[PDB]
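Dequalinium complexed to Chitinase A, as determined in this entry.
Chain A uses the PDB entry numbers throughout; the residues present, in order, are 22-595. Computation of the quantities below employed the complete heavy-atom set of this structure, encompassing side-chain atoms and omitting hydrogens, waters and symmetry-equivalent molecules. Just follow the structure's listing: the first ligand is 1, and inside any ligand the first atom is 1.
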Amino acid sequence: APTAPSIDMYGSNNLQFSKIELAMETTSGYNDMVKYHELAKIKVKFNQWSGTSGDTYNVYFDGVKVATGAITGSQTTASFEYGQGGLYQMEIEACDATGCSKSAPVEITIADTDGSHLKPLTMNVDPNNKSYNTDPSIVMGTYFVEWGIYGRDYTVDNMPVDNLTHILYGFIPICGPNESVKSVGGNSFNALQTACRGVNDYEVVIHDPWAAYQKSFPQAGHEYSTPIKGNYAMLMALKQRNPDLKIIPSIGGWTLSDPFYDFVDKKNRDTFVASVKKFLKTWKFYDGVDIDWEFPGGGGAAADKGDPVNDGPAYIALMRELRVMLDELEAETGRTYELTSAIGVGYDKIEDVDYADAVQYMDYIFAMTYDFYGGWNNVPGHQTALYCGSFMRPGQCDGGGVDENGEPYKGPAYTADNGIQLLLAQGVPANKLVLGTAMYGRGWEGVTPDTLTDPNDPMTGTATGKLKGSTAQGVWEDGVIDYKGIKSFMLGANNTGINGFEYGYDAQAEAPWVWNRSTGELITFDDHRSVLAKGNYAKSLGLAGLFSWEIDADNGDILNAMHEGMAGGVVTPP
Ligand SMILES: Cc1cc(N)c2ccccc2[n+]1CCCCCCCCCC[n+]1c(C)cc(N)c2ccccc21
């Protein structure tokens, strides 16, 4: 028989092959950094110095033949293509008429962006996240933000994945006009210019390739030479651990919505839809697409953009077009893909899209039932309430009244139920609506007792400015605080108030607050009670479930209350 092949490990890239080529140690345009191949090119060098070399070789993976070719004397290179990622025991055999001899088996890795070559991720979850047996029909969603791996120090292996059905990854930008990104400060707009170099406008890109796929995380077993690293490699390993988890890229958001306003022109929608198909074929751990255009008709970050006439029909066409493209991918892959969108729930946002039309294309609507009041002005109120608070004036709730100056309210006040009823009344199915919970507060300072028109209620006061604080307190920008910050700095373990704060609750609105009467610091947020109320409301109306913004700001209490409030409930999936 021929001499047995001896595999030249170093001549064969130590048997590590990848279907994706990712640029490391540089930041450049997306199409220069990211190259995907439907088949891996496998090249393995072997030698047969002693004896006869034979005529033909065969390559086996886990004892099954996967390739054959000719022997070329004393040194041969087996080259073939392979589609399926994984770890395999490889043997190379040489054959001629006298018989066949085979190399010792050696492990070959073929990396793919489904994580098929990876072991389940090792988790490091705060044990204050408890175990539940929520029915699997109910949505339990959250957003994980790409930048939370820096100062926020919150990584993929910190998420309480057993308690989540859907992780929305915030956020994939669209190349094009993006002046609103300058409001984040820092390198964000410039990093986007770099990512979009050589990329057509209206195509998606990765905003931060360091965080997405270059950074080595030691908890994930990454090495500098590992071919996929970052958050994305951890998300692939997380999908191996929890295969029924849905991980969905969120495109846009408040900061990154400026290109959507140009989707009135179908040519820019076609460019975008094709880029998203490409993106989902490249990053196979993703399960659909979430569109967070804030907002059709304007009212977002870009004060000079928004078309109340034309953006709704653009949004609806976008959904129709995306769903045609996702049906293509389902045909091609045999998988199921979801299409979702997070939306504004003020009456002035909902009036600009005919959701009765759009929702036929969509699996879920993530209703942004938060941010109703905030430090952008000096008017206190409940930022994430279900119902109208005590502080509101007569007629403010339904919009028929007049304000303190005699001026008509223009529409119903910003509460979750005013928005959810407007969507239900036009025929959006309850089982496609997901209700938002906040894992953060918004706040003011200067709300001292002398400013209240009702002494029992600080939401009747007036502020002098935004809440101020440090990042160790969870205050990453003035006026906003992480829930885990409110717990450590204002509530305490017993939830009765520390550091001069007192807790209160508006039982009509279903909304908690903490208030320090000395400093006038007042923070509106969601807590165990108000999230239980949201779960109960979701069970009562047959909503699909709950989601939250943003997971890194919870200490487990808010996700636990999301589950607790849904106990017993089931829903018909869309
Ligand atoms: C930090 C960070 C870090 C990054 N690398 C980053 C990268 C990409 C995108 C965002 C990024 N972010 C920022 C992510 C920002 C998430 C939250 C944005 C919503 C802000 C509230 C919106 N809002 C509402 C609703 C109503 C108002 N009247 C109003 C008035 C003034 C200002 C805002 C107002």
### Query
What residues line the site of dequalinium (ligand 1) at a non-hydrogen cut-off of 4.0 Å?
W168, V205, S209, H228, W275, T276, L277, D392, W397, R463, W570
*What atoms in dequalinium (ligand 1) come closer than 4.0 Å to a heavy atom of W570?*
16 (C)
- Considering only protein heavy atoms, which is closest to atom 20 (C) of dequalinium (ligand 1), and at what distance to one decimal place? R463 NH2, 3.8 Å
What atoms in dequalinium (ligand 1) come closer than 4.0 Å to a heavy atom of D392? 25 (C)
In the protein, what heavy atom is nearest to atom 4 (C) of dequalinium (ligand 1), and what distance, to one decimal place, separates them?
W168 CD2, 3.4 Å
Looking only at protein heavy atoms, identify the closest one to atom 18 (C) of dequalinium (ligand 1) and say how far it is in Å. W275 CB, 3.7 Å
